[PDB]
Chemist: 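Got a structure here, written out as structure tokens. Questions coming.
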Amino acid sequence: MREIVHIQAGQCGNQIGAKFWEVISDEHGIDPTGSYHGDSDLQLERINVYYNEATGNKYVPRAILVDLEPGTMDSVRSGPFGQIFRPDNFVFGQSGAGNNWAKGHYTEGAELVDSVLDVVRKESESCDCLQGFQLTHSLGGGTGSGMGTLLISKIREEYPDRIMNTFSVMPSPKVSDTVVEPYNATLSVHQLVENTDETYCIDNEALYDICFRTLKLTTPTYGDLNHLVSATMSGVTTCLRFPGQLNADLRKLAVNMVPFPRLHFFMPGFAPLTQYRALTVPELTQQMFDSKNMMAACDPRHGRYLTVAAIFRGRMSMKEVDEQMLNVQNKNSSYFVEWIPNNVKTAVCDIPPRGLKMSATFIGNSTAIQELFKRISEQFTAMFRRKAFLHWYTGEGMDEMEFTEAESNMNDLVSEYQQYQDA
Amino acid sequence: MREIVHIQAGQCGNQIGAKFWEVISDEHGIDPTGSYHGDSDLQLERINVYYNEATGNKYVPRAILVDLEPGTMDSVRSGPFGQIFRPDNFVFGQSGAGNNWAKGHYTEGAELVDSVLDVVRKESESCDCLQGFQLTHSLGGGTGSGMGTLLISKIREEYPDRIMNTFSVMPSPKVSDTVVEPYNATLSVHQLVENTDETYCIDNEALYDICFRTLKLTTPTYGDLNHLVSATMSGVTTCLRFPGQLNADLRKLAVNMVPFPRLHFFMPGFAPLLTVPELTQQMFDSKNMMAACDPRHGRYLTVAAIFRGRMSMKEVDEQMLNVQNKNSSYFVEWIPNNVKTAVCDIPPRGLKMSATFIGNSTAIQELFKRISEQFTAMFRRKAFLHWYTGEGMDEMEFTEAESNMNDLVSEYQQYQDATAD
Amino acid sequence: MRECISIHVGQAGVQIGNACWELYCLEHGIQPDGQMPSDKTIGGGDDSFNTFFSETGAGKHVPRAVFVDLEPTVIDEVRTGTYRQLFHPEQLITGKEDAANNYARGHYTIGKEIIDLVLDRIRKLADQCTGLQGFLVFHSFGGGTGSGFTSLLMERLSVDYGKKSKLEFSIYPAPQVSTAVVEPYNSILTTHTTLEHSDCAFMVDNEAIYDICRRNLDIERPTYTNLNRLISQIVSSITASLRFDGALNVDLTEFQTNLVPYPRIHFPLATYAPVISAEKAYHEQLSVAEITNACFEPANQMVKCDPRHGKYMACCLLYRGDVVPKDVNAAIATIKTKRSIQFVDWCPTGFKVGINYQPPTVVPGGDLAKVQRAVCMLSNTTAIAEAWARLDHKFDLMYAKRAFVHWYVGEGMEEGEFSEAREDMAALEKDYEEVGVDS
Amino acid sequence: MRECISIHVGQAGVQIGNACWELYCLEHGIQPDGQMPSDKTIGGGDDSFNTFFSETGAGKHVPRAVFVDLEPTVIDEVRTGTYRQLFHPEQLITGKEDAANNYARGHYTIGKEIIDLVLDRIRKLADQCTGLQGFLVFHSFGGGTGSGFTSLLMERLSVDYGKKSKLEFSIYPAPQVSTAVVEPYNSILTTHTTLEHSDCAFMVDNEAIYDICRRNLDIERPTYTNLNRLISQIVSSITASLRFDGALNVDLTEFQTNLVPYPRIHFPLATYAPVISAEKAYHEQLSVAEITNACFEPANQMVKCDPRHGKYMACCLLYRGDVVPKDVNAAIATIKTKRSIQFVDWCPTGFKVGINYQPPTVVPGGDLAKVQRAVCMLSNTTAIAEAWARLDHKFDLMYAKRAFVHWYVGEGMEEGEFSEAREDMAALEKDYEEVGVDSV
Ligand SMILES: Nc1nc2c(ncn2[C@@H]2O[C@H](COP(=O)(O)OP(=O)(O)OP(=O)(O)O)[C@@H](O)[C@H]2O)c(=O)[nH]1
Ligand SMILES: Nc1nc2c(ncn2[C@@H]2O[C@H](COP(=O)(O)OP(=O)(O)OP(=O)(O)O)[C@@H](O)[C@H]2O)c(=O)[nH]1
Ligand SMILES: COc1cc2c(c(OC)c1OC)-c1ccc(OC)c(=O)cc1[C@@H](NC(C)=O)CC2
Ligand SMILES: COc1cc2c(c(OC)c1OC)-c1ccc(OC)c(=O)cc1[C@@H](NC(C)=O)CC2
Ligand SMILES: Nc1nc2c(ncn2[C@@H]2O[C@H](COP(=O)(O)OP(=O)(O)O)[C@@H](O)[C@H]2O)c(=O)[nH]1
Ligand SMILES: Nc1nc2c(ncn2[C@@H]2O[C@H](COP(=O)(O)OP(=O)(O)O)[C@@H](O)[C@H]2O)c(=O)[nH]1
Ligand SMILES: [Ca+2]
Ligand SMILES: [Ca+2]
Ligand SMILES: [Mg+2]
Ligand SMILES: [Mg+2]
Ligand SMILES: [Mg+2]
Ligand SMILES: [Mg+2]
């Protein structure tokens, strides 16, 4: 039945993961106790994708919670919808990964991984027809970055043919915890380029800018950034959670969105950025393609679009939707590749998210994403040229050779992206 | 728990020794009967440094009186605070020393050293944690000079990691007793250069002049000189006996005062003989040195200064800094921050405020030169050597003492001229 | 009496299939529970409708059909639909996970495991047949199943039912109607693999049916339901010769005798008229000459192309309703000297004509107005080569960069099968150039 | 979990220890008999303050601390003082004879008599821990015990706890306060011995604290009691992240990642603001903008050096009290344009900010005014090598003539150990030069 197992690891992974469940639980009418209280059968028709049905018309998120420190775990368990999560699926250690990729991937994480796999394996046995896994995590810490990528490799070893889908938060000096985030992120991008089928790049720098420059918020918190992440996550999974003309799953999504295997990093976008005045469909499509609405700091105009998928939610003129999309394309055809015919697809969905009359969600595969990796790479080299802070890693058993490899593999990625920009 | 074992030997030894107990008993509130009659709790805090606690809050000096002749300790047990002294700790001979170093070190004094040892040992088993010993004697000749240095050497073999501290009174002809005093001094300096950790050079030459010129005394007596000696001894031992902001013992003083092992001979000073500015100034003046040496004919290796009485810490700091800057030339550069200053609340008897001076200065070589001059004058002509060879010594032993004292003066020069970069 | 078994593969064939059998039932008077009062012989009989329906002791008529899809979501709607009781449960074969728009996954990976089961279900139906004439395969070009599993099925059918005829109803992909980017790949891949296992294939271009629904029916955003009701009208016109008493196209081999003179060029073009909106309360019904004249308007063809700059190898006019031979000859006389009808010089310039007096039936509540006379024209024109040229060009654009190939190679296909299929298509276009053009 | 054991070694460490614990109690509402009425969990709990206090069945909260000194007189005050009932006797360990300002005596002759006993008491404390995080070691550079015994204790701890983290709060000697002539020797000696065993050291220059107490607090001649009360405020700001929970609070091990670029460069420079007197605080109300700016004034630094003449490798602002991010950011932007914050080229130019909501406390009868908001800046700057240079020159002046070296050799040391220690210091100074040079 196209069931998806959700895994959320680390502090960021659990806070955005936790908001995701709060939002989609709402859209499906599930209350914090897991009892259906909605008004439409549409809310229950794909409910088996993300929720496992317990006896007593009870719905339980098919979600696994992972962390090396017990804090955020307790934070979620007492948050709004904390009770809705299955207690057996809170796997957490005590030591913490100290924002150290090596601790999460090799030393501290290794002691806990098998515990997580037993829950993963448990939730999968409970699936008529497992579709794939999805993982929320940050790339610049330790548990999400390192243990996350470690789980993604262990899961691909036991489930070599399921789909691996991650929402990956990229680090930025504007919202920074420690200086070693380029190290943690470069080691992880390496893993992602090899063991995931689809990755949504959610760039904290972009999030910061959207809050600061557009929403007019001098002092943005992680709570403001996550509001945008959950909006986007809800929109990207619409076709998975609600009925529509579109009889598609994550594999069909990857076959059409990923023309070459290593280029599976997606630029997400959302409109309107969070209103009394209603938006117009021309306005929704106008913003969706605007650089200022991309959740990844890359100017789409600096590169070309390989594949585009847009999802409109709301009760709207499907004809006008279609007219406006062909306008943009015919208005920006110099930013789409001519060698992939008809590479901009649109899905409409009648259920609008709570709070908005209608919205659009943008999923782009664009060569401009290289700017993001170039940025990560510039900040990596500045430190690595002098081997600053390496001792936090070499003291956990890692060697410099492994940093050299990740950096090299990342530059290749940037090269691949730029090879298809001059087609 | 930092007990000190006091030992006084010879006429001079017991004389200045007796006064030392008169003064520090008065400061701590101990009457001649050993009963505590003071009014402050500061007087009893470090009392165990020099006193044992007897049944019924009776405090007994932790002292051992030694002499080769009963005609002196007889006196000691008659003066005020003579009953305070524990009667077993009297260890007196009979024959006498006859101002002959050899009789005190090799022949007569040896017959009696075992007897004193058992007393020093018994007093040491009593100590929670022994600091070391302090000896008041005299390089002038006989018991204190020759036997005293024998005791130092015998105690050292049994307490080698303890501190050996002497108050040594140097001979001067202005207060002379015998002609052979240069001979005895040199034989002792030869011992002290090798077997003590720190030695205060109380010089009868300086004491004579202070009484005469300064205190304008025409006919100075030993009473008058000793009164100086007491005032100084009370001073140099102040932070041993009271709980000042300084937390230190004999070994911590040695470590900061003695840059090289042989150069452990100090120049005491005392003022007055009245504000912080003058009190500091007199303290670095030659007229206040209990040693016939001009601080300005050599250089200070290290200096310690203790101010007693009620005064402003800040002014003390400022006045001590000004003296150094205005006399920078007279301090070696290779020992940074080599002047230290303590302040104690309670003053001495009869003074609103006093200051004591402990200098390790190369100018001390003048003292040694003086003795060396008088020694080499007699030895050159072989005068009186039979007194010593008749006890078993040979001229060789007289030569070593001279050649060793020459070097001692030679070292003090070497470092006086030493430069930094 | 000879039987015909229909096979519906993938989402497009299953739904198009649903629509046709709904129409077949309304046309022969069969109830949604398989009853047929028209039929007086209970449990048997050799009537013309028995080529598409078998009967039971209980008087129930069952389509000679099999529905196969690699995921249950579309067939389930048939299992709980209005004609749920009309189908035996074993006629409906569903899988666990689909082919993800991946021809390789449908033909090689998932296909290998489900092919034998399907062939058994087909055998079960062939056994009940006393003269099977062959099969009608309904499928899309673009679906991973419609493209990939179909071509494996067509390969096997040629083995287990050698002498029999295979006819194909194919849905050509158009971006106006839900298409994935890789659909050009699946189209060439399946066309090459199946080109020698199909005796005759009717392409329907979703672009064409889309516009017809917009122009003639005034539907702003046509849905699959709108499209499939119009498609199954064309399909019903093509198969009626098999289901009703008649003389023209009485069995699958006449389609190839009348329409396919060269084997590889077995792609006839369907035009159809009149398409009239049921929302038009009044609308004068056209004459025979008029509906005939419309068969030569590009607007009414199942594939957008211009037959005027091509040559014909065969035309076949199939009228349904109130049509007298006298009026048919009159129109044909006129449309010869009016329009541009080039025939290839090695073929007679003529028209095989059929008339079925029963007029088109309309699904009640459908979009189509009832009409007293309608016609369907099957012509074999080199013009249709346009649809191959458009498709092959899109193939070229992506394949030059190797885009999306890794998904196919990853299911076990060899990259060289791309070049083989494309090289075959490059020959197919040439076969049309040599047949048609001149210096 | 995350529990810290605090070891106070020798007079300076013990007397700094009193100040700190008195303050912690006042910060958490713990009484001198150890009762904490606000604490509802009797006999246990996993609260933030529990990282420094254990609990007994009777509701007593006992510091996770050991006091060690080679003579009793300084601990005896703790034993008979106001917080005497706070510690168990077994936590207060003293010998009979100290090290006499002699490193050789604290690390060998005397120290060996008592090291085993100290390590046994530490173990007992560590066994009461669910997740011992590390050790905090309070000592002076200049004393025989502070330098010699500390080095011995650190070496042993590396053997018994491996790479478990060890943090130092060190007292750097200054002539104005109360320094012995040999303190430059004990300083270079212990710095060299502990260097490979210390994850991070906070030096407090006595000359800096002394000057601050005079200028800012209007104290003619500051005493040890004056200096320690100020030192303990700095110590409290650094550990505040460990003892208090908060939405915007950052853990000290997170700053530690940004404050240590390389193992040997582990000496952050601390600054604290405001150090004002009640007479002056009655008028001025000091904003986040003012106290932040004050951290970049050379004269407010726990170590006397000139950061304008160096380069930054990390800057952490630790705020506590009535402070909100909007103001912090606004402040940092001002500083970021009016001052010479020159960073090295190989690390970002950000400022890492934590904010603790609990406001500063002051001991009753102290010299600091009660304020609504304070800040402590932990910066890693090459400028701090100036302290190494000053101390190394004094060492060289004496060692060139072997002055006082006989005291050390008499206890068992070899001249080789002196030159070895010095050469290490030499490398350390060169290490600070190189991190500052620009990349290729
Ligand atoms: N006319 C028409 N075209 C359809 C219909 N359903 C799908 N299509 C078209 O067929 C193509 C997609 O093929 P599908 O039938 O969806 O695919 P499938 O056979 O299920 O294959 P997989 O889903 O990949 O396993 C697209 O070009 C669609 O526009 C339908 O009901 N009618
Ligand atoms: N800030 C501060 N410095 C102190 C304190 N006590 C001593 N110091 C300094 O520490 C150095 C001396 O170290 P101490 O702690 O006295 O010595 P110790 O560790 O007891 O060593 P020993 O007694 O020699 O065995 C000097 O530089 C003093 O100024 C104190 O309470 N506060
Ligand atoms: C499960 O949700 C989705 C699944 C898919 C698509 C998609 O984008 C609208 C989705 O929503 C995010 C999709 C998108 C991209 C394509 O290429 C641009 C394509 O041809 C193909 C598609 C989808 N097919 C169509 C015709 O829209 C199937 C895969
Ligand atoms: C037992 O009492 C004393 C003990 C000491 C000292 C001293 O002189 C002030 C004393 O009073 C006589 C002392 C002296 C000299 C120093 O400087 C050369 C020094 O650094 C070291 C000191 C003392 N240290 C300090 C900081 O004054 C410790 C040893
Ligand atoms: N958008 C967002 N980023 C976060 C959040 N929490 C942490 N981050 C970022 O993630 C990185 C730190 O990873 P974190 O999740 O704290 O570490 P982990 O627990 O070891 O995985 C930094 O770049 C933070 O800015 C959050 O709630 N939202
Ligand atoms: N200041 C002082 N010097 C003394 C005293 N008695 C003797 N001397 C000096 O000590 C030297 C003689 O030593 P003395 O103690 O009399 O002889 P001993 O008993 O055989 O050691 C001479 O230089 C005397 O001037 C005394 O009471 N006070
Ligand atoms: Ca019948
Ligand atoms: Ca508690
Ligand atoms: Mg974090
Ligand atoms: Mg005499
Ligand atoms: Mg399908
Ligand atoms: Mg001490």
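Chains are named by letter, beginning with A, in the same order as the sequence lines. Here chain A follows the PDB entry for its numbers: 1-42, 45-276, 282-360, 369-438, in order, are the residues you see. We're sticking with the PDB entry numbering for chain B, so the shown stretch reads 1-42, 45-275, 286-360, 369-441, in order. Here chain C follows the PDB entry, giving residues 1-439 in order. Note that chain D is numbered according to the PDB entry, with residues 1-440 shown in order. Indexing begins at 1, ligand by ligand and atom by atom, following the structure's order.
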Chemist: Given the choices endoxifen, evocalcet, cefotaxime, colchicine, quinacrine, what is the drug or drug candidate at ligand 4?
Modeler: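 The right pick is colchicine.
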Chemist: List the macromolecule sharing the largest contact count with colchicine (ligand 4), named according to the PDB entry.
Modeler: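 It sits in most contact with Tubulin beta-2B chain.
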Chemist: Other chains near colchicine (ligand 4) with a heavy-atom separation under 4.0 Å: which ones?
Modeler: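 The other chains with a heavy atom that near are B, D.
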Chemist: Do you know what name the PDB entry uses for chain D?
Modeler: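 In the entry it goes by Tubulin alpha-1B chain.
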